[PDB]
Amino acid sequence: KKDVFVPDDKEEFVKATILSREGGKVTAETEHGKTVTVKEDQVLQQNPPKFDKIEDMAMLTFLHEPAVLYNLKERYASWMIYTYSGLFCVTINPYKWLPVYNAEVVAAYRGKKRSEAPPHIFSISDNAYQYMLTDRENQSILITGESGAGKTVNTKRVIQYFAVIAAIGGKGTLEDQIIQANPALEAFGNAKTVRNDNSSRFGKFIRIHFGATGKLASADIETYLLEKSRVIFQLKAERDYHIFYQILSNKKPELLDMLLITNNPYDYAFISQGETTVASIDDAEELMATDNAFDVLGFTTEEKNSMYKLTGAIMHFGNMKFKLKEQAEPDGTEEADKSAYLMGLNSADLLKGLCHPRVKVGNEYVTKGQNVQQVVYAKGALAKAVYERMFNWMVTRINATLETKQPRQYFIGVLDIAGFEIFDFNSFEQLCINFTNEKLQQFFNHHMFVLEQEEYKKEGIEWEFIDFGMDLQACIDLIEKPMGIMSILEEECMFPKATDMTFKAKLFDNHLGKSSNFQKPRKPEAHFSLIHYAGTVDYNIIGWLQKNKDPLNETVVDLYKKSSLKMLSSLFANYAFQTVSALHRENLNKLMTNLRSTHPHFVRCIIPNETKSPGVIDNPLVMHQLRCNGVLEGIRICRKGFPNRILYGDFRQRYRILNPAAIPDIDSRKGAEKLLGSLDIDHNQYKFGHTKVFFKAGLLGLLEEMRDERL
Ligand SMILES: Nc1ncnc2c1ncn2[C@@H]1O[C@H](COP(=O)(O)OP(=O)(O)O)[C@@H](O)[C@H]1O
Ligand SMILES: CC(C)n1c(=O)cc(N[C@@H](C)c2ccccc2)[nH]c1=O
Ligand code: BEF
Ligand SMILES: [Mg+2]
């Protein structure tokens, strides 16, 4: 009828009222008072007022782009930040504290079925918990979104839910320790970028282990590729890792005296290239939270002091000056003395190793010369290696405490990756980050559209394959397959004559005008652009070969191994071959095969605007996120297909109480048929497969309401 949506240049779609029709064209008055003429096929129907702010968009009469965008916008305007989209959930960043995560709320969500409670991260957490115990299988909570969308907040809320549930049924309980793992990792692995004041600069997969009846038993954390480069480098509107500024806050004066540092971040080259303060962050308060987290995780005084000392030694390492008399020599030794003292090394030995590294000639050696540029590069590389290895030690140390030896049967794994991002300058680390996001989107596409339809086919369910246009194989292959971007980088690696420009020429010769997703770029200079699922990203390739090989001055690595500071010697103990991109690809492939053995639960976080503004929706930004995430198609397959299915044996066991008189039937399929036929249900909402009974969206929920009533 008259109530419609029409396309708009600024807001994507607006509400309108049809005034007239003629020659395949429609004349309509918009909500913003504009009288518009558009083609008939561009006109989409508004859902009835009874579907306003609906909790599950799979139940809408009209399913289209503005129906979804407006339903989400209307819910958001009422601070209802979660919405169901078929079997998965969508969430929109509120950018403000809401009273939706308290203990009375966690208690009320316990054991609630999806429909009898509003959409929430606690209900996603609870539903995964109910499938885990009923099916006896591992679960995964996969939280997607761009940098700043709310992945980390939603991850911390999943952890909070299970720890508070366990609280009802080192220097703290397991529950208290799982909660403290995030503050500790965040001080060292998170930082202020343009898109997020607390950007996660590493990915993580947290496994929460449970016993047979659901008691919280243990936890483990796996982290992925930390952005090492931030330790020594910052762009204009960004900060180094939180920890540097947390220490400098002077909230612990003993720390400043122990690290031989001043209170000013601008006195330290490595950490003051961009911004040093953030309005939303109290670094003094954050230092306390970090220090307390180490205590709760049972770190010793010696373990905490060593992490502090190494952080402080990295600060002094950046202040080491070199000059000429092409051979470099130290331009002072004060900063070198401070570093060596904190690192349990000899100052004069360290400077000698930096200016004159050795090249191995069998069981003999030849001294190599270093210009100032070579020394400052090597000094930067060592600082990054100390930091990343210290970060890895901390993860290992947290895992030792989280390991209880209490009984385990299943887990719920929560994945919180570094989000898709676009800066003014995008380097190797942005490619690594964006590639992970593309892979995570393809895992969603494969589960929702490929495996789903293949399941119907192998089960003998009458089905016509639907091409949903959700397939990222072309861009993924461009980055990861042989002769792709990383394969070319890896091959240009271990070529003594290779340079950034030979690497660039090989990229261009193989893919420019040949690979659809590879383009020439358009403000800092860029070398190539990549058409990712979430946008076109301009990449600068300077330093990628050195970043991928990751060479270290092995003369000073040897000194690290002989350090009187136990932590430093342990960090470089096993030091000895794979490139960082080859290891990243390997770890990513391993993650994806492991996730395939779990029941996934997708949570799609959406950033509402670019200005951290609470309650304001940037319509093209929100629509773009919904489009590249496959939200509409994900809902279509839930409406069109059979989202629920149960093995005949499990079906007759669980739903016999619904009508025991109907099955007083040896064969479970015969049993399932007669049981279902005897019930007051639409006998078209279910289909019989070879091994499972398939259900239309909503029938499982109804069967479950009916069972909860008989119990
Ligand atoms: N559901 C939420 N409730 C309140 N604030 C939130 C929520 N989600 C995100 N935020 C805010 O947005 C910021 C960025 O979110 P975050 O989880 O760090 O993003 P991501 O990990 O996806 O990059 C947070 O620091 C917080 O201020
Ligand atoms: C999402 C889907 C493939 N699915 C189901 O559609 C039903 C499952 N099991 C039944 C037995 C169940 C009923 C009520 C609560 C938990 C599990 N498992 C499933 O994984
Ligand atoms: F910046 Be968020 F951690 F993706
Ligand atoms: Mg994060």
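To match the PDB entry, the residue numbers of chain A are left as they are there, and the shown ones run 34-202, 212-367, 371-567, 572-625, 644-731, 735-781. Side-chain atoms are counted along with the backbone in the values below, which use heavy atoms only and exclude waters and symmetry mates. Whatever order the structure lists them in is the order used to number ligands and atoms, beginning at 1.
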Identify the macromolecule bound to ligand 2 in this structure with the most contacts, using its name in UniProt.
Myosin-7
Quick one: do you know the drug at ligand 2?
mavacamten
Could you help me figure out which residues touch mavacamten at a heavy-atom cut-off of 4.0 Å?
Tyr164, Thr167, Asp168, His666, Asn711, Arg712, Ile713, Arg721, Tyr722, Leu770, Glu774
Entry source species for chain A
Bos taurus
Taking only heavy atoms of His666 into account, list the atoms of mavacamten that are under 4.0 Å away from them.
1 (C), 20 (O)
Quick one: nearest non-hydrogen protein atom to atom 12 (C) of mavacamten, plus distance?
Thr167 CG2, 4.0 Å
Close-contact set for mavacamten against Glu774 heavy atoms, below 4.0 Å
14 (C), 15 (C)
Should you measure from each heavy atom of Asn711, which atoms of mavacamten turn up under 4.0 Å away?
5 (C), 6 (O)
How far is atom 8 (C) of mavacamten from the closest protein heavy atom, and which atom is that?
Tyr164 CE2, 3.5 Å
Polar atom proximity, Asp717 to mavacamten (N or O, under 3.5 Å):
no
Hey, quick one: which UniProt domain of chain A is doing most of the touching with mavacamten?
Myosin motor
For atom 13 (C) of mavacamten, closest protein heavy-atom neighbour:
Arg721 NE, 3.6 Å
Where mavacamten meets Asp168 - atom numbers and elements under 4.0 angstrom, heavy-atom basis:
8 (C), 9 (N), 10 (C), 11 (C), 17 (C), 18 (N), 19 (C), 20 (O)
Tell me: protein heavy atom nearest atom 2 (C) of mavacamten, and distance?
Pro710 O, 4.1 Å
Among all protein heavy atoms, pick out the one at the shortest distance from atom 3 (C) of mavacamten; state its residue, atom name and that distance to 0.1 Å.
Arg712 CG, 4.2 Å
